[PDB]
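For reference, the structure discussed in these notes is given below.
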Amino acid sequence: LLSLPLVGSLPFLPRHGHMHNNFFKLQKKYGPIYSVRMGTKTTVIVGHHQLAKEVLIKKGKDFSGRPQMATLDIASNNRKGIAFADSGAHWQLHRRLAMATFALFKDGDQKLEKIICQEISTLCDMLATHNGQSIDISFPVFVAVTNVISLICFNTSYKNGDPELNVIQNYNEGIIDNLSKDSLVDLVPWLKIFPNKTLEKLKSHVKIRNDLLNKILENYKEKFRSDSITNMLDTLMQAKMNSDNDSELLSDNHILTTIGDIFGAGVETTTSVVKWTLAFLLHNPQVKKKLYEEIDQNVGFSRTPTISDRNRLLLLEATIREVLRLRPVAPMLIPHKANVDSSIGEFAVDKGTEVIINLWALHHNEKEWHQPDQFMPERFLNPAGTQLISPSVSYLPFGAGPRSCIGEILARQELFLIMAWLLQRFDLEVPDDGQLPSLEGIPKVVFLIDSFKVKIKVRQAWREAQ
Ligand code: HEM
Ligand SMILES: CNC(=O)c1ccc2cc([C@]3(O)CCn4cncc43)ccc2c1
């Protein structure tokens, strides 16, 4: 009695559990590196920090490519921009100009700290009007970080009530929802097997965004001046101007898509982490209580928190590190691709192979972390609690190497200042219905959290002062 002819085999059920965890569970059986074949395409999944650092750092240039996806093609206007552009001249030029722009907010009066605090001050006055009510703080935080990035990109911002903010929120939501069903990593190409309108829907959302950025870029052409380089669009037009004396790599479509990536990444990524951090503080009142004490003893109510306070609010800094470990923004980074024949752990990897770094596995490795599934900001502090520490080398929240995060300085300062200002001024508690946020998460292009509500109250201590 023979065995059945076998035309296909997958190690776990598709659409059953979170992809990054399914891969991690497989390492028990198959090791920290294995492959899956899907037609002509082979994908390698790497789940150990030493192999990850080889792909990202040591052989970074070998695996600095991106795989081309029909979905990502539409969002990136055919692989323009930064995040979804393949390695090469385009990507390297626009990545440098983006990083170069964040230099113009180092110091001065538009010091990045000052643009951020300006928008947090509006956020906090906004939220204070909801004293005693339970609310979803998604949109208020979205507005604040949208204005930070609009100032970095255009030196402009939106006033309260501007309907355009809602238009952006709408198509941000629609693109993320249709960009991928779950993670960017899909084992089966359902998009090409059964009839569906995913690409149609994604196209219409991308049309609205492209139309909106065009209007901004068009009306700004007449305001641009060579001697005034104060934001990202200036940096890009200066390069286009000093090029027509590589100008094909600076067409209007190239400038638009790159600013779209910064606009998108700068908003959806920071809003999500704030929401996650809040959710964890609701499940961990003990940690929340010690944070209030920490900020009352090191900043008080004489002033508002500053970036310099990052040397004094250590537990707050440790909390942000722990959220970025436990619920990484990108559990599997963005997929990589081998530009040439190379190797990982001395295993052959052919050119064109898609390579995926399971950051979730790195952050939950039980040999590298103590009780990895527990929210313990303590793990990033010495036993005394007097200085931050790096307990593990298997920790890469922002990736590393050629394709690493370029908005890391912005994210860290936004996250620290938002939480510092909120904790100084507000009690943040379970809403009166008693529901706690679900910490399971929703894997999309970003690791999102289910929407939830918080009862916001102006702290008595903050009130008694002033
Ligand atoms: C908590 C916040 C953030 C985290 C944890 C984070 C993390 C990451 C990770 C893991 C990657 C992929 C690394 C790889 O593919 O190897 C990435 C890429 C990227 N991030 Fe973020 N990021 C954050 C915030 C931001 C912000 C605020 C911006 C922009 C304003 C930004 C812009 C980008 C871009 C453009 C890329 C693509 C880089 C490239 O492909 O060359 N990120 N980030
Ligand atoms: C209407 N357009 C959008 O909503 C939009 C566009 C591009 C995005 C890119 C990113 C990244 O670059 C890709 C993942 N990730 C982690 N950190 C930075 C990034 C994240 C969200 C985006 C949203």
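Numbers in chain A track the PDB entry; the residues on display, in order, are 31-275, 283-503. Technique stated in the header: X-ray crystallography, 2.2 Å. We use all heavy atoms of the structure for the numbers below, so side chains are in, but hydrogens, waters and symmetry mates are not. One-based numbering, in listed order, for ligands and for the atoms of each.
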Which drug name is given for ligand 2 in the PDB records?
-> (R)-orteronel
Top contact chain of (R)-orteronel - most pairs under 4.5 Å, UniProt = Steroid 17-alpha-hydroxylase/17,20 lyase
Taking the residues UniProt annotates as binding substrate in chain A, which ones lie under 4.0 Å from (R)-orteronel, judged by heavy atoms?
-> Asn202
Taking non-hydrogen atoms only, is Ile371 closer than 4.0 angstrom to (R)-orteronel via side chain, backbone, both or neither?
-> side chain
Do me a favour and list the nearest non-hydrogen protein atom to atom 17 (N) of (R)-orteronel with residue, atom name and distance?
-> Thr306 OG1, 3.8 Å
Using a heavy-atom cut-off of 4.0 Å, list the UniProt heme-binding residues in chain A near (R)-orteronel.
-> none
Enumerated (R)-orteronel atoms positioned under 4.0 Å from heavy atoms of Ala113 = 12 (O)
Which of the atoms in (R)-orteronel, numbered in the order shown and given with their element, are less than 4.0 Å from a heavy-atom of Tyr201?
-> 1 (C)
Looking only at protein heavy atoms, identify the closest one to atom 18 (C) of (R)-orteronel and say how far it is in Å.
-> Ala302 CB, 3.5 Å
For (R)-orteronel, note which part of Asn202 has a heavy atom under 4.0 Å away: side chain, backbone, both or neither.
-> both
From the options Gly303, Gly301, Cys442, select the one whose nearest heavy atom is closest to atom 23 (C) of (R)-orteronel.
-> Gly301
Which residues of other chains have a non-hydrogen atom closer than 4.0 Å to (R)-orteronel?
-> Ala113, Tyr201, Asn202, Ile205, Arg239, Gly301, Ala302, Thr306, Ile371
For (R)-orteronel, list every N/O pair with the protein closer than 3.5 Å, one pair per line with the distance.
| residue | atom | partner | partner atom | Å |
| --- | --- | --- | --- | --- |
| (R)-orteronel | 4 (O) | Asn202 | OD1 | 3.3 |

